[PDB]
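Entry with meropenem (bound form): notes follow.
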Amino acid sequence: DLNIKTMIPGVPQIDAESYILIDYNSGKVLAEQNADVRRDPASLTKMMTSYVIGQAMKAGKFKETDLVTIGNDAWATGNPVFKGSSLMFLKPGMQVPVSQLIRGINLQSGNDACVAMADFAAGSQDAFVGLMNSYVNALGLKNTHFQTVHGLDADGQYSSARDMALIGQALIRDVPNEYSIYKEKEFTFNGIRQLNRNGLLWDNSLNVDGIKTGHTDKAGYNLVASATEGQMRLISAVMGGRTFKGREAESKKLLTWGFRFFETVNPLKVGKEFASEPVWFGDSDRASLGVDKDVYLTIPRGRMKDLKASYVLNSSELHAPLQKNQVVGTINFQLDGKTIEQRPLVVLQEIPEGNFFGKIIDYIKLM
Ligand SMILES: *C(=O)[C@@H]([C@@H]1N=C(C(=O)O)[C@@H](S[C@@H]2CN[C@@H](C(=O)N(C)C)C2)[C@@H]1C)[C@@H](C)O
């Protein structure tokens, strides 16, 4: 009858030590297990490296076509610390376009390429790690600290499924030109073809434009994945997966589960009037009320027509002056009579005080 419509879906068991599934637009956590346990991120570290780089290029600090000259510290076979790790095989003296180095970072997980771009972007690796951890602070991540540009095992570096899912959200949102690289399945440098090890890119059942893989014998098998269905986008991060086949199978389970049982809705957009309230002492009698940021809600799929919204005002009356985006109350979104999310009710257009004097006196005073 209606137990169907109010059904909570069982969450599938996940053969991973830590995971999280979130909606990209709404931020809603659909499923989680040990999402805040600090773990080693392995090459998921390179998501942040890519984020810092994308911010730099966004700010015009360098271009795709600028040629980086490879220094001694990015010499692949000149630094045995790189042994047994993925590399794009850079040698001192080469001039490699920025567009190729970031593809070594994102697609081949090339640790030498991270060193190349770090010195280029920030002058040194320490400076670049400083940018990384500063963006950790700027994004409000609470279980993430970086000590390398590549994600080779550093004793004091860690992250979490939630923080890595939030880093992936930040990538898609803040630096989309950089994020659009992760869907490329193959990249060739210096006559060596290497594959993007995110096998979900190959899965036709999903529209995975994918993020980053990572694996060390201490981290396990890590993968941050993102897919779309229509205009809904989900993000999954599993850490401590058992095998390469295991981490992708589990991630895919979360993404199809999330898509099948939940949907994302956009019930109100910025600048569209949600409500109207009288105003006192103003040049306008009424205030137009809405949101300063588009509302995205994640609800059970099919239940959109059952979504109801209402609002409360912080004060009994509204007195001018009122500014653009001044918060005067709360919008309540309810499903089945229960409030499922709130977002601030704000003034859509500033409303100054009365001032009804001769327009010319006004000018004259200025003049
Ligand atoms: C990041 O976690 C490390 C790097 N990244 C990956 C990955 O993209 O999944 C692994 S996979 C790579 C595939 N073949 C293995 C190998 O023996 N070599 C040397 C290429 C590893 C890899 C560990 C990064 C820190 O190195």
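We number each residue from 1, following the sequence as shown. For ligands, and for the atoms within them, numbers begin at 1 and follow the listed sequence.
- Within 4.5 Å of meropenem (bound form, ligand 1), most heavy-atom pairs belong to the chain that the PDB entry identifies as D-alanyl-D-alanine carboxypeptidase.
- With a non-hydrogen cut-off of 4.0 Å, the residues around meropenem (bound form, ligand 1) amount to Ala42, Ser43, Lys46, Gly84, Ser85, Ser86, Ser109, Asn111, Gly151, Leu152, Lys212, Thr213, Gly214, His215, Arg247.
- Residue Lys46 has no nitrogen or oxygen atom sitting less than 3.5 Å from a nitrogen or oxygen atom of meropenem (bound form, ligand 1), judged on distance alone.
- A covalent bond joins meropenem (bound form, ligand 1) to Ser43 OG.
- Remark: meropenem (bound form, ligand 1) and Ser109 share an N or O pair separated by less than 3.5 Å (distance only, no angle test).
- Distances below 4.0 Å separate heavy atoms of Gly214 from the following atoms of meropenem (bound form, ligand 1): 2 (O), 9 (O).
- Among the atoms of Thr216, none of the N or O lies under 3.5 angstrom from an N or O of meropenem (bound form, ligand 1).
- Those atoms of meropenem (bound form, ligand 1) with a heavy atom of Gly151 less than 4.0 angstrom away are 25 (C).
- Taking any N or O of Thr213, backbone or side chain, at least one lies under 3.5 Å from an N or O belonging to meropenem (bound form, ligand 1).
- Nearest to atom 12 (C) of meropenem (bound form, ligand 1) among the protein's heavy atoms is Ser86 CB, 4.6 Å.
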